[PDB]
Structures are given as structure tokens and as C-alpha cells.
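Quick look: ARM210 on Ryanodine receptor 2.
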Amino acid sequence: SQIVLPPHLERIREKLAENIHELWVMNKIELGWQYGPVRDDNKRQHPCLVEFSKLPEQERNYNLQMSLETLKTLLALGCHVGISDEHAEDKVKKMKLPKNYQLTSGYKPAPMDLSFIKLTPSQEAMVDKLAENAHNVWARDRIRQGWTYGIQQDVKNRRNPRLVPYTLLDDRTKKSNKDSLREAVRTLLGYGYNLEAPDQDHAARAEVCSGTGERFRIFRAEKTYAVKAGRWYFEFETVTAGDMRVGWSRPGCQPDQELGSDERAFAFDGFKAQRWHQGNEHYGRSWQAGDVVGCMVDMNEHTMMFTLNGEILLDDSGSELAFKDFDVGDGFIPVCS
Ligand SMILES: Nc1ncnc2c1ncn2[C@@H]1O[C@H](COP(=O)(O)OP(=O)(O)OP(=O)(O)O)[C@@H](O)[C@H]1O
Ligand SMILES: COc1ccc2c(c1)CN(Cc1ccc(C(=O)O)cc1)CCS2
């Protein structure tokens, strides 16, 4: 609603509407649809493919309004549009088409050639965005209808399995809508209107989003199994590669606080390659899927060391000790976050 129409698009909008309408009757003839008097899908002969004048003026207006909304959403996409030159409209080349491919209309709908016209990756990305929004407005119209999703298509029960996000939509519709959208935006370029898109933005979730406010879960051995002397080894296999920590915690570790943030636990975050105890340092490399990190503690001279896939992880210095010295205290137990 907030979108205002610039004067160039304003006085070119009717030509856009009619040319894309003719372009659609070209898409129809390419798909094999032929022109007829009456609206009956079985007979494949409809007045829809004939020129807009013989088209029902209701559908013709509804198509033009649909394009007004589509170009307004294009402008809402943050993409600026600039007319190239007046001569790009003064000379309007138009491929000739075979009579079987060509409509009864004398002048060929086919605008300046798609070979000459070029599509950038950003332009294709905004084509995808526009296809997304068109399906959204198609769906909201259905919700106003009261149609609700159904795996089986139903008209009496108004259950369309096409009421899913465009990401999960079936290929055939995605292709047909994409074709009309991208040939439309290519006609936009061929009219000299250059669509300079906004810069692509990068954002990272970093596992902030979570079901339930809880950010992480800690699994540990029982307190009674604490080891106060000897040399011990246990493995941790990482099915994924994310915010995961493994190491040894005291029987006083808190299940709400992250490992290594306090003095209770000594952990290794392979995600950021950091050893964690009362802070973070740099230690080791980053793991991948199906990586086995073995944690080893020798409580005799108070050392702890980690081996990712067998090789010994190292800090910035060549030392193999993740934590050089620590008090025995009340023992250590295997712990993971
Ligand atoms: N003959 C046409 N002329 C113009 N645009 C059309 C035409 N057919 C389809 N469209 C466009 O493509 C969309 C396809 O909607 P369509 O009515 O085919 O969906 P549907 O799944 O059959 O709907 P419902 O859920 O009500 O059964 C329309 O919203 C419109 O934008
Ligand atoms: C530019 O505007 C138009 C004008 C005409 C047509 C399309 C888009 C493309 N679309 C594709 C499509 C197919 C199935 C569904 C559906 O059943 O959900 C929705 C859209 C309708 C077929 S011709």
C-alpha cells in the first residue's frame, strides 16, 4: 500500500500489461494451448489465448491489476528501477514467430530477444523473492476463500495441497510461475528499465533460536563415579558439527551454566577451537560430522589432553596439555554440553 508508482512505470504500465498478456498467450501456445470460443478445459479451446479485446475484459483488467501489484511489490523489494533511454522505446524490436506458434494477432508478442536480454544472479534472486510473494498473495486469497491445506486436492472441502510455502511447492507450478515471472522481468529489462538490486545481506543465527528457552543440555556421568587418581580415557563422537563441548566436570558443576565459563568444568569447544575453563583460549582444530574426540585425564601429575580423530590437539604453543595443572579437589567426571 505504501508503494507509490514512478511516472515512467506509470505511463508504461499499460504496454507492460498488454505485452505480458500476449506473452502469456505465447506461453499457452508453447504448452500446446489453442484458441477457442468457450471456457472448457477439456476441449482445450479458450478465448483466454485470443487477444485481450476478445478476452473477457474482467480477466484482462484483473491481470493488469495483478501486474500493477506485482510491479509495486517489485518496487517494494528495495530494488531501484531506472529507465535507460527513450530510444529503447522508440525502437521496439519484436521477433517473428511461426504461424503455429504465433497467435491470430498480427503483431508478434515476442519482445526484444531473450538472448540479447541478460539475467544477473541478483535479478534471479529477486525473481525468486517475487515468486515467493506471488504465492503468498495467492495463498492469502485462498485463506480469505477459507480454503485450507489438504494432501488431496478438494474443491468442495476447499483443501488445496498447494497451500504450502513456495519452498515446499510442487515443481510444476513453481516452474510455470517462475517462467511467467522471469519472462516478465526480462521484458522489464528489454524495455530499458534496469533493476539495480540492493546489496545482499548476510545474517547468522549461531544457534540462538531454540525450542523452549533452554539453550543447551549437559550430559554427565554420575557423581559417585568421580575419579581422583589414575589415567582415564573416554570417547565422544560428534554426529553433527555445532556448539558442542566435551571434557571433565567436578561434582559441583551447574546444569544451567555453560561448560568452562566457571571453574567447575574443563571442556573443549571444537566449534570455535577453544579450550574452556574460567574463560576461553585457542586450542586445536574444528571437528566435522562423525568426528571422535577422545578426552584423557591423568590425575597423577594433573594433565588433561584431547585427541581429535587420533591426532593430539595442540594450542598455539607446541604443548599437548590442554590444562597444565589443576587441583585434584573432589574428582572429575565425564561431561558434555
Ligand atoms: N487464466 C488466468 N489468467 C490470469 N492469471 C491466471 C490465470 N490462471 C491462473 N492465473 C494466475 O495464477 C494463479 C493460479 O491460481 P489458480 O486459480 O490456478 O489456483 P487453484 O489452486 O486452482 O485455486 P483454489 O485453491 O481456489 O482451487 C492465480 O492466482 C493468478 O495469479
Ligand atoms: C503472470 O501471472 C500469471 C498468469 C497466468 C498464469 C500464471 C501466472 C502461472 N500460474 C501457475 C500456477 C499453477 C498452479 C497454481 C495452483 O494451482 O496453485 C498456481 C499457479 C497459473 C497458470 S497461467
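Counting from 1, the numbers follow the sequence of the chain as shown. Partial entry shown, contacts counted within. Note that ligands are numbered from 1 as they come in the structure, with each ligand's atoms numbered from 1 the same way. Only this structure's heavy atoms are used, side chains among them; waters, hydrogens and symmetry mates stay out.
The ligands or chains that make up ARM210 in this structure: ligand 2. In this PDB entry, no covalent bond connects ARM210 (ligand 2) with a chain.
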